[PDB]
Participant: 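Before anything else, here's the structure in question.
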Amino acid sequence: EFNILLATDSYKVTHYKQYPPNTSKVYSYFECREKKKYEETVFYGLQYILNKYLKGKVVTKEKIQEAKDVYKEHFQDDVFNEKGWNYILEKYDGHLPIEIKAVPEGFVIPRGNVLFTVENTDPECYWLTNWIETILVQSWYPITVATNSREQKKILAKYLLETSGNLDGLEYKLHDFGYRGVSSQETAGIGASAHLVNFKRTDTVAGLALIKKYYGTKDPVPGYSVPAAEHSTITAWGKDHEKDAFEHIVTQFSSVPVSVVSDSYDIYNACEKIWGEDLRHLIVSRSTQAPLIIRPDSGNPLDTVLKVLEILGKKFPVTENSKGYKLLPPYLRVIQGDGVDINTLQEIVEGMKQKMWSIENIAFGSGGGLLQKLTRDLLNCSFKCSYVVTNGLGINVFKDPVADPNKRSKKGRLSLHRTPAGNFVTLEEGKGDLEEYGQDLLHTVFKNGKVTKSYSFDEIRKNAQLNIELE
Amino acid sequence: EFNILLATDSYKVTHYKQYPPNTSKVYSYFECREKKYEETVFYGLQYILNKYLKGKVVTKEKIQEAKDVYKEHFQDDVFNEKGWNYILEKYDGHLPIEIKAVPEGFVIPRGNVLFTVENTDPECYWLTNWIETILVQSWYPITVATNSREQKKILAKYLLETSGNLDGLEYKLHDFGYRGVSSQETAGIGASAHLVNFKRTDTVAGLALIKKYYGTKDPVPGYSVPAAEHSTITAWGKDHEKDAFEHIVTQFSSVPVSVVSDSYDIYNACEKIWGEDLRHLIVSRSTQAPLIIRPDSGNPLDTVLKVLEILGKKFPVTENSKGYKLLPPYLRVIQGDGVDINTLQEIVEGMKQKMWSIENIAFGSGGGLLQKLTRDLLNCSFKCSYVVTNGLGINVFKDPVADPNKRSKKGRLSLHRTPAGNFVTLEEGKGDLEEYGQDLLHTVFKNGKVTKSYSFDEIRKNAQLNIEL
Ligand SMILES: O=C(/C=C/c1cccnc1)NCCCCC1CCN(C(=O)c2ccccc2)CC1
Ligand SMILES: O=C(/C=C/c1cccnc1)NCCCCC1CCN(C(=O)c2ccccc2)CC1
């Protein structure tokens, strides 16, 4: 069973001996710190952490003793605030005397703004605010996946609008293939859920149960999949029987969309001769609601996409749409799901545009790039103390390292506001109290062991919409 | 609760309908495919077998849940309810799978078979690749362990060169990665992988994983040290940094303590606060309880070098037997910002050029150690190599025309020692020719049971550096 006393950076066990004596309040905040582009971030995932790990009776006698026993050996020393944890157990029935205020989930906020704040609600528990830094900072991951996924949606929207005149099907154009490429089962659920903030297609099934339990949707499920082959279901037929494999698979899935990985031996042969000639009659007969989707999976991603489109365009009836771009027949599409990240996605769609191929023709799968190849420094997600009360006097505190101004933190009590022009601003030094800037956009989401304000996944999706979708 | 029927890539739900009719066996293998990182540490499969694959993993309720979810997820009924029911009824929900693997902690060159998977009941031909997704997640502990060991090699080389020995090596790279990983579960897994090579970690989650799944003779596999963070310095107020420092070193007067010193001005902190105002509180400390000064910003090499130059003029420096400079034993440095395998190399080489012993310093690494890694780094990959259809075995493989690096191995595989004592993987069942001695893979899982396992102490032994041995 999870033990919050064993869920912090080891050194934090020692911090109750380090704060100034007579400190009754430690107040800290989280931001995606600005860096001298990812200019705005999607706030998502705190609600998961609050419910799974922080709410309710999280301290017990047994948990205190287990931590005491572990830390004794881990430090080869007795440092450990047994009395402080005892206090929470006795006085609050093991509920954390902490108040957390946050911007609503799904909100899209520029870099360098306060996203949430954390403070103790009992003077005895001044040490607790930063104890939970470690667990709360892991919110970096769903924030960063959701943000990077949204930035890819923006690229897709731009090019789809340019080459087709509308955004039909945008939400299906980036498909999560990342389950095997993430570091754990828990990470898979969290990351998949964050991608679904922006899109509707995923093979990372773990995201579904996460969303159902912690957020919820009106619809039965938040994400969808489609039948598809893997190399094993092709190669198992034998090298001389690739066509037999293709024929069997498209016939098994004759009335639903089906993707068939076509690069086991020679992608270009498969497109030109197997799909384009030998099995063409099984493809041109298909429904618009049940296309064949050809899936390359190797080679230079742009070069391969372009050559695949070139081959198909000569074997199948191509039209030119109202924008002047080439369009495959509706029973045939392509998905590129190898080596796709935000940079290569851009290169591919721009390449297609230059060769006059509509983005209607293609969708993308992304695995490692979408869910794993991300770190906490991408958006500089960071948690810092900005205000303490010592001997009954509040003081505004901060770091400001001489050699790195980018690491300077904010001072004092903070609030987030709309500007007169409709943008965002973070007020420092308790200045929000002057009420010159309308209401604080941070809301209490956690107080004294209870989750006080929750968002459905539908609300989050609405909050994270692109401007172009709004238009 | 975990449900293995909902723990695969969605498209694999549809694969039972795509294999050749009358297929009775699907046999697959995992390798770190050949294309830096010439050899990999095999670690973490045992965690997966015990936590997710062993025992009764199918129930009626689990089957109904998955059926209900997939109906909505596909907007269609494609789920193999019959196949999962067969496992439940015939085997009391235990997986009819056999997995063979190299021993954990083993250090093996790229492009070798590390484990194999096959069904033990013809009805369950589809099950081999159902569990691809979970098993392939072993990439992460393999990669963390491997990259951590590569850093130990660097530290070993330079500590040996600058000091003449390896004393303390296992304390020189400290895991700071807990906040920087993607989840609690990842934290435990990755921290445990670093502990294959080192003994210091602030990622507490790894201790419990190791105790539950591997075990050590010692009470715990990893250790920590008291240390400040910016909040315990800055809370004192900007004009009271000296007060914070004094309080902290006085509270921790008889144990090692690290104190982050760059809140406002690292160079001032070192030269004036530690080097002058509080010097008397440092030179009185025990060799068993040094002050460790922690910079945390600026260019990592430049800042380490300047910090060392400052301390060397404020404190008595000696020259060790190798000709390198050494701080007094009550004073050390830890650099824990921006450290990855590349910057680690740059720092120690820069220290060596300026005649500073590696004895003076340790490294903390967070995102670099536990998060900034992908499955592409070692090309960790699972592929089918052998099938039996209509009673005939067939060697199968992929070999994409545009990328020879993605070519996979053919047929039944085995791992052997060569005459020179190296590893070789034999394909096409050739291990059965008995020209290369015994298969080095062992059966680790069979029909719901873990059949062979390793303590964390043995894993550490297997993962030792040549220089250590
Ligand atoms: O190939 C796999 C999964 C592979 C996988 C999974 C997991 C791990 N590793 C690999 N899944 C098949 C997805 C095919 C979906 C198609 C794409 C083309 N398409 C559009 O572009 C579109 C047309 C009209 C409107 C909107 C979009 C129509 C829908
Ligand atoms: O500063 C932190 C943690 C900060 C943190 C944690 C978590 C997250 N984010 C930040 N931990 C302090 C560790 C200090 C250990 C010292 C290093 C110097 N040293 C040697 O080099 C050595 C000398 C002789 C023999 C062997 C080694 C002696 C041991």
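The alphabet sets the chain names here, A first, running in the order the sequence lines are given. What you see of chain A is 8-43, 53-487, where the numbers are those given in the PDB entry. The numbering of chain B matches the PDB entry: 8-42, 53-486, in order. One-based numbering, in listed order, for ligands and for the atoms of each.
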Participant: Write down the drug found at ligand 1.
Facilitator: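 It's FK-866.
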Participant: In this entry, what is the main binding partner of FK-866 (ligand 1), named as in the PDB entry?
Facilitator: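 Most heavy-atom pairs belong to Nicotinamide phosphoribosyltransferase.
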Participant: Note the other chains with a heavy atom under 4.0 Å from FK-866 (ligand 1), by letter.
Facilitator: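 By heavy-atom distance, the answer is A, B.
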Participant: Tell me the source organism the PDB entry gives for chain A.
Facilitator: Homo sapiens
Participant: Can you tell me which residue and heavy atom of the protein come closest to atom 25 (C) of FK-866 (ligand 1), and the distance to 0.1 Å?
Facilitator: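 Going by distance alone, atom 25 (C) of FK-866 (ligand 1) is nearest to A/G185 CA, 3.9 Å.
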Participant: Nearest heavy atom to atom 21 (O) of FK-866 (ligand 1): which of A/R217, A/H191, A/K189 does it belong to?
Facilitator: A/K189
Participant: Pick out, from the UniProt beta-nicotinamide D-ribonucleotide-binding residues of chain A, those with a heavy atom under 4.0 Å from FK-866 (ligand 1).
Facilitator: A/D219, A/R311
Participant: Using a heavy-atom cut-off of 4.0 Å, which residues UniProt lists as binding diphosphate in chain A are that close to FK-866 (ligand 1)?
Facilitator: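 Checking heavy atoms, the UniProt diphosphate residues near FK-866 (ligand 1) are: A/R196, A/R311.
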Participant: If the cut-off is 4.0 Å to any non-hydrogen atom of A/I378, which atoms of FK-866 (ligand 1) fall inside it?
Facilitator: 21 (O)
Participant: Show me which atoms of FK-866 (ligand 1) lie under 4.0 Å from any heavy atom of A/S275.
Facilitator: 1 (O), 2 (C), 12 (C)
Participant: I'd like to know if atom 28 (C) of FK-866 (ligand 1) has any protein heavy atom within a distance of less than 4.0 Å.
Facilitator: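 No.
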Participant: For atom 7 (C) of FK-866 (ligand 1), what's the nearest protein heavy-atom neighbour? Residue, atom name and distance, please.
Facilitator: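 So the nearest neighbour among protein heavy atoms is B/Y18 CE2, 3.5 Å.
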Participant: Short list, please: which atoms of FK-866 (ligand 1) are under 4.0 Å from a heavy atom of A/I351?
Facilitator: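 Once the distances to A/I351 are compared, the set is 13 (C).
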Participant: Which atoms of FK-866 (ligand 1) sit under 4.0 Å from any heavy atom of A/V242?
Facilitator: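 Matching atoms, with element in brackets: 12 (C), 13 (C), 14 (C), 15 (C).
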Participant: Under 4.0 Å from FK-866 (ligand 1): which other ligands or ions?
Facilitator: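 Within less than 4.0 Å, you get none.
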Participant: What's the shortest distance from atom 4 (C) of FK-866 (ligand 1) to any protein heavy atom, and which residue and atom give it?
Facilitator: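 Its nearest protein heavy-atom neighbour is A/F193 CZ, 3.3 Å.
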Participant: Hey, which residues are hanging around FK-866 (ligand 1) within 4.0 Å, heavy atoms only?
Facilitator: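 The heavy-atom cut-off picks out A/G185, A/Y188, A/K189, A/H191, A/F193, A/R196, A/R217, A/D219, A/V242, A/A244, A/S275, A/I309, A/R311, A/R349, A/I351, A/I378, A/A379, B/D16, B/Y18.
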